[PDB]
Undergrad: 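Okay, handing you the structure first.
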Amino acid sequence: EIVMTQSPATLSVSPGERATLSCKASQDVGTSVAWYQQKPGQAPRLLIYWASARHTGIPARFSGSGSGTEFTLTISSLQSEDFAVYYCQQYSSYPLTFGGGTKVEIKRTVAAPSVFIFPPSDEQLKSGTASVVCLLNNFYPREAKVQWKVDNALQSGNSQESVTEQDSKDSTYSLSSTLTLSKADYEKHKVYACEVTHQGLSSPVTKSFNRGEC
Amino acid sequence: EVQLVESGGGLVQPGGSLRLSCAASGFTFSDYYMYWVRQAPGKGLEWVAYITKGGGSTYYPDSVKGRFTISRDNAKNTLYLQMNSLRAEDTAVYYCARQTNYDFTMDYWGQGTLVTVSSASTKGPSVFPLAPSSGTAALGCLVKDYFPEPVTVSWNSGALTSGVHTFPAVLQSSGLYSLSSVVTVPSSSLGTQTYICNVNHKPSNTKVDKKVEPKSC
């Protein structure tokens, strides 16, 4: 089969600036190459066909070029709604194949997270487990450090993080970190704290609560 | 409008069988060649089955040939994928896709249906409050300990959408998923506005409405 290789696995481009994506074929595929846009949670959408023909209803800022083995998708003035994974595809000969995709992030200005901490609910505690949740809301860039402390001890290995996909509308990320303890362990300690390090904060932000206090 | 609606995806034992269906509307079905394309979680696109207009011939890649059968019924607007001898690596979202007339591209896709191949048991979530604390306040619901994916979360029956973040599920070491859904709202609303998260885990037949409010102190 003809292998399609997409060069930068990721791209981070400021809004209004030009994004250039590369797709390389292992053999000649002429101009029988298409490009698809796939936003998180959605099906792919045909963008470009015949290497350079814009599909109907696709905005003019999307253009394709190339022939033979080297192809290029250019987004001339990257808009925030263009956050997506972009896939190329050859149909020069059977079997049709896809490239591995290039993920395009919008490089907006730095935004500090708003931080919130949530104690475990009384209802969960009846189950024998305590989940403590730390939320970092609407920040950029994606890189952030979240540290849990329980009565001054850094907790490691007993939390998990989830990060949203970049928000189309404001180009930010949000992040949840969940610290899980047994009820027995939870009730043995007093001070629960989430400390957040991020480029948009002049120094780390701590949100904390004392178990059993309000 | 052209529309493709997939159905039939669910949780199946390794070695088992599943049949997917795709309902087509808004175009003359028998005029078009059709695809099934799948996408493993966090991975790329892989076509897995192709059928001609009249259904006379079928084609599959090696990863799948001998196990999948694509078929169609032009009289009742439907594409099928029969999947046998399923393996863990067949776990994916499966898309129905129409081939562009007089070309080889895919110009319309369904929303996809998730197929999970696993020996893990179906289990519905518990839903716990993330209560707003002591401007902008945040609150949410913790949707914990369920399998398989997916779960849906809305707020106030869909009336509250602004400021909502429903996080991607993360697999816990128990083999169960958990996620939170949060929303930021005006602090001034906390006494007055009701906030309810509507959780539906269709695989386990688990529907929950959870009202989330400041904790009495």
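In what follows, chains carry the letters A, B, and so on, assigned in the order in which the sequence lines appear, proteins first and then strands, with residues in each chain numbered from 1.
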Undergrad: Can you identify the drug molecule modeled at chains A and B?
TA: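 You're looking at ociperlimab.
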Undergrad: Name given in the entry to chain A?
TA: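 In the PDB entry, it's antibody light chain.
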Undergrad: What does this entry list chain B as?
TA: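 The PDB gives the name antibody heavy chain.
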